[PDB]
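So, a structure with bosutinib in it.
Per the PDB entry, chain A residues shown: 233-502, in order. We count ligands from 1, going down the list as the structure has it; atoms in each ligand are counted the same way.
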Amino acid sequence: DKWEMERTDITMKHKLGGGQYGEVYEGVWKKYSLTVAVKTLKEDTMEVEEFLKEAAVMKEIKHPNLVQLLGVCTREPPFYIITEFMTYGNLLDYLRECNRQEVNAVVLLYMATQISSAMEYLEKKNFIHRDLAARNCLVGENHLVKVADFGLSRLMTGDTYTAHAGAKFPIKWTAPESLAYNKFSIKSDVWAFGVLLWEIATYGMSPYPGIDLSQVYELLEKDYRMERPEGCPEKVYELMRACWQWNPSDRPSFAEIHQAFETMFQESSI
Ligand SMILES: COc1cc(Nc2c(C#N)cnc3cc(OCCCN4CCN(C)CC4)c(OC)cc23)c(Cl)cc1Cl
């Protein structure tokens, strides 16, 4: 298959975390002397189908702000997904721990711009991401941000993907139509992206603070939305609000979102 490699080609270095879809390691791809991230699957389990689903999809994708697949090991346990190493880890912990004088307003714009660029790409390729949130974005040197892409679905025929009944979603990031009917689309991602913008603007606060999960849907029904975070530019909140339109069709495209952030980033850098 050519994405296939010898498991003996990697040496494991440190556990970084995991559970999960599988546990995650810092590793070294020996013949390139290259630090890499390795997702692992101990034995066969029920979650093996999950695994190669990710693997398959990640091969179909290439973008500067999408985590680059390097190789896979899928002939027998253990199982390896191998990606580039995102040095600073996830964006949520990053925002929370950063030096805000360094990671300032111009930088937050840069990060929104980078993410929206990735999502514009997925929009065109007819992909949806099932879990857009700060925790699923990764950070490298110099405020480089990439969206993690193990949880992607290709739209094979049409507009909306339907998740299996009984599926649990991260309530606070999830579009109304997704919570209600289990339907995901690129416009559901646009909604989630709105939440992501709020996380970025607040340096990683939890969305709908103190609000009871079980009541979020009802609130959204009655046009309750999160308020403008402190220091968030009015235009940025306007976009947030556009992302959170009740009708999917009323929400902007990622092409529009990216264009808008590109413009704001150019002006901020001037
Ligand atoms: C390869 O397979 C997969 C791997 C992943 N997950 C990761 C990808 C990817 N992709 C890339 N890069 C990662 C870097 C990580 O931490 C590196 C440094 C952390 N530190 C925090 C403390 N300080 C300050 C030093 C830095 C990390 O930690 C858990 C997970 C990463 C996913 Cl989500 C899915 C699949 Cl399929």
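- In this complex, the main macromolecule engaging bosutinib (ligand 1), as named in UniProt, is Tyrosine-protein kinase ABL1.
- Near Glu286, meaning under 4.0 Å from one of its heavy atoms, bosutinib (ligand 1) places the atoms 36 (Cl).
- Applying the 4.0 Å criterion to heavy atoms of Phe317 picks out, from bosutinib (ligand 1), the atoms 12 (N), 17 (C).
- With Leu248, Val299, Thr319 as candidates, the residue nearest to atom 20 (N) of bosutinib (ligand 1) on a non-hydrogen basis is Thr319.
- Which of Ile314, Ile313, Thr267, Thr315 comes nearest to atom 9 (C) of bosutinib (ligand 1) through a heavy atom is settled by distance: it is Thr315.
- The shell of residues lying under 4.0 angstrom from bosutinib (ligand 1), judged by heavy atoms, includes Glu316.
- Listed by atom number, the atoms of bosutinib (ligand 1) under 4.0 Å from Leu370 heavy atoms are 7 (C), 8 (C), 9 (C), 11 (C), 12 (N).
- The organism that the entry gives for chain A is Homo sapiens.
- Residues of chain A contacting bosutinib (ligand 1) are mostly from the UniProt domain Protein kinase.
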